[PDB]
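Here's the structure, in structure tokens; my notes come after.
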Amino acid sequence: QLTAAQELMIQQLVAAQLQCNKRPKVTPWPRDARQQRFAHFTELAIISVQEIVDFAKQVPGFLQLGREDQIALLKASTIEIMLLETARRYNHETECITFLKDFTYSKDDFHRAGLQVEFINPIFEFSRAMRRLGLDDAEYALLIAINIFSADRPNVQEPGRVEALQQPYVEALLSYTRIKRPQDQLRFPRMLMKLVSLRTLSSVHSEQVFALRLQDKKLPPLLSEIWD
Amino acid sequence: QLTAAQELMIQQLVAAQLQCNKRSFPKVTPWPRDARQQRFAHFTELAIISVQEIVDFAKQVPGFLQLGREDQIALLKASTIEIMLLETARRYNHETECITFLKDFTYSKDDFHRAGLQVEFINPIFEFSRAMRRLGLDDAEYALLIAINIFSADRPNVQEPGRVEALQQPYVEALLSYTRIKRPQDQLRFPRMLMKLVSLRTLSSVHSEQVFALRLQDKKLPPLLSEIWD
Ligand SMILES: CC(C)(O)c1cn(-c2ccc(-c3cc(F)c(CO)c(S(C)(=O)=O)c3)cc2F)c(C(C)(C)c2c(Cl)cccc2Cl)n1
Ligand SMILES: CC(C)(O)c1cn(-c2ccc(-c3cc(F)c(CO)c(S(C)(=O)=O)c3)cc2F)c(C(C)(C)c2c(Cl)cccc2Cl)n1
């Protein structure tokens, strides 16, 4: 059963998301060009951040939070929301990512703005895994809102309230996926599991030079010892 | 209605969870500068046992021994910390607000902070422990969530991710059913468990930001603990 409350809420989510996108002054897509490209992407991100602020203000429940927690929520989730939105715009065929519905970008374009391959591959890796899933726009809208309302982000002063406001969007995703693919039942938990790997991706962008990890291939000798 | 096949998967989890623990009940350097250092040395010892227990447990998890060694190790290295947080949660008592390590060893927030460990890490643990406690999990539910956690394909250095994700499927599915049979009317309780694997991702990476803390005591981390942890 989609409740009338749900069915209206998802319409508001999807319309809020559309009304974001259709809202050019950006340095045109082309040393100078590799900088032009880099600044191109910088401005792509800048607009992205503002979209995500405007989407959020329209998520029932959001503007009811304390202003501090609103900000704390958006700080923490911007890069996860950017990632999810990019997966949303990933075209699996052309193997390309479409920004401002129109401009198309492949690995190579990103490498050529001088970008960290070590982070472009994860991006792409994420987009393809999301593709398998077959999300629609309601599903991403809903996944985003759930992602906005994470009680565990730093500087949340009212986590229990954040956590109560999350629940509406967890129920609606739960019902939407039960109606959409009723013979599956693991598509719901699989979507939510991407929020897990999505948190690890995110923490890699912001990694501190004093807390860099990555061991690579080679096995831990001492753990292997313990193993047999 | 939990299938017979899942019940048995679950019995196997709960039984290994129990063989795990029963193993060790001590030789851990006794609880009391010297004061601080002997406390952290104690916890350091507790962490080493926990590693043995986690390795012993994951061995007994259906399907684990079927992965390649490389992958087996990779998976363990990356989850050790999350499993340790998940098992600290389970050992958390919200009336006394204490964590029970081993059997009957009892620790409060201030025990840990008195070992030189920092608020930035210890508090989130106790916040996370408290949150888990409101979930009301029983042992199967933990054993299952730990297995789901072990089977995470997106781990650093994993060569058969498809094989590990597929292994993760029967554990999610068994959790789903186990939760709907246990609170047939609280259908958000399951998502709320899954969201916790998310939280733990973050806790794990808050842990990796502790090196200044450890790199400055000038007595070294046991080497197992050194690699498991960096
Ligand atoms: C240049 C710099 C600072 O390194 C840099 C810049 N961006 C960057 C950030 C966000 C967007 C982006 C994400 C979106 F969801 C949307 C949709 O609202 C849009 S857009 C054009 O308004 O349609 C733009 C594009 C980017 F290129 C990045 C990173 C974060 C790597 C990045 C990159 Cl490339 C692609 C995809 C995701 C991410 Cl998150 N890095
Ligand atoms: C001081 C040092 C060496 O840096 C350090 C050490 N530990 C530490 C790590 C694991 C365990 C622990 C976890 C378990 F799941 C279990 C049960 O298997 C047990 S036990 C005694 O076998 O019952 C012991 C206890 C600890 F004290 C920690 C941190 C990681 C903060 C820590 C602390 Cl305190 C409590 C809870 C989680 C975490 Cl992860 N840090």
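Chains are designated A, B, ... according to the position of each sequence line. Per the PDB entry, chain A residues shown: 219-241, 247-253, 261-458, in order. Chain B is numbered as in the PDB entry; the shown residues are, in order, 219-243, 247-253, 261-458. Ligands are counted one by one from 1 in listed order, and the atoms in each one are counted from 1 as well. Hydrogens, waters and symmetry mates are skipped; everything else that's a heavy atom, side chains included, is used.
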| said: Can you peek at the structure and tell me the main thing ligand 1 is bound to, named as in UniProt? | reply: Oxysterols receptor LXR-beta
message: Quick one: do you know the drug at ligand 1?
response: BMS-852927
Check: Which other chains have a heavy atom within 4.0 Å (strictly less) of BMS-852927 (ligand 1)?
Finding: A
*What residues line the site of BMS-852927 (ligand 1) at a non-hydrogen cut-off of 4.0 Å?*
A:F268, A:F271, A:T272, A:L274, A:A275, A:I277, A:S278, A:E281, A:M312, A:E315, A:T316, A:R319, A:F329, A:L330, A:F340, A:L345, A:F349, A:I353
**Q.** A:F349 neighbourhood, listing BMS-852927 (ligand 1) atoms whose heavy-atom distance to it stays under 4.0 Å
**A.** 31 (C)
Please state which protein non-hydrogen atom is closest to atom 12 (C) of BMS-852927 (ligand 1) and give its distance, to 0.1 Å?
A:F329 CE2, 3.6 Å
- What is the closest protein heavy atom to atom 17 (C) of BMS-852927 (ligand 1), and at what distance does it sit? A:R319 NH1, 3.3 Å
- What atoms in BMS-852927 (ligand 1) come closer than 4.0 Å to a heavy atom of A:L345? 34 (Cl)
**Prompt:** Where does the model put a covalent connection between BMS-852927 (ligand 1) and the polymer, residue and atom please?
**Reply:** none
Considering the heavy atoms of A:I277, write down every atom of BMS-852927 (ligand 1) situated less than 4.0 Å from one of them. 22 (O)
| request: Write out the residue and atom name of the closest protein heavy atom to atom 30 (C) of BMS-852927 (ligand 1), then the distance separating them to 0.1 Å. | output: A:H435 NE2, 4.2 Å
Self-check item: UniProt domain holding most chain A contacts with BMS-852927 (ligand 1)
Solution: NR LBD
Which of the numbered atoms in BMS-852927 (ligand 1) are below 4.0 angstrom from a heavy atom of A:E281? 18 (O), 22 (O)
Per-atom contacts of BMS-852927 (ligand 1) with A:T316, taking only distances under 4.0 Å to non-hydrogen atoms | 13 (C), 15 (F), 36 (C), 37 (C)
| message | Going by a strict under-4.0 Å cutoff (protein heavy atoms only), does atom 27 (F) of BMS-852927 (ligand 1) have a neighbour on the protein? | response | yes
Subject >> Sub-4.0 Å atoms of BMS-852927 (ligand 1) with respect to non-hydrogen atoms of A:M312 >> reply: 10 (C), 15 (F), 39 (Cl)
Exercise for the section: Could you list which atoms of BMS-852927 (ligand 1) come closer than 4.0 Å to a heavy atom of A:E315? Expected result: 15 (F)
In this entry, what organism is named for chain A? Homo sapiens
| said: Show me which atoms of BMS-852927 (ligand 1) lie under 4.0 Å from any heavy atom of A:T272. | reply: 1 (C)
Pairs of nitrogen or oxygen atoms, one from BMS-852927 (ligand 1) and one from the protein, closer than 3.5 Å: please tabulate them with distances.
unit_1, atom_1, unit_2, atom_2, d
BMS-852927 (ligand 1), 18 (O), A:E281, OE1, 3.3
BMS-852927 (ligand 1), 18 (O), A:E281, OE2, 3.4
BMS-852927 (ligand 1), 22 (O), A:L274, O, 3.4
BMS-852927 (ligand 1), 23 (O), A:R319, NH2, 3.0
BMS-852927 (ligand 1), 23 (O), A:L330, N, 3.1

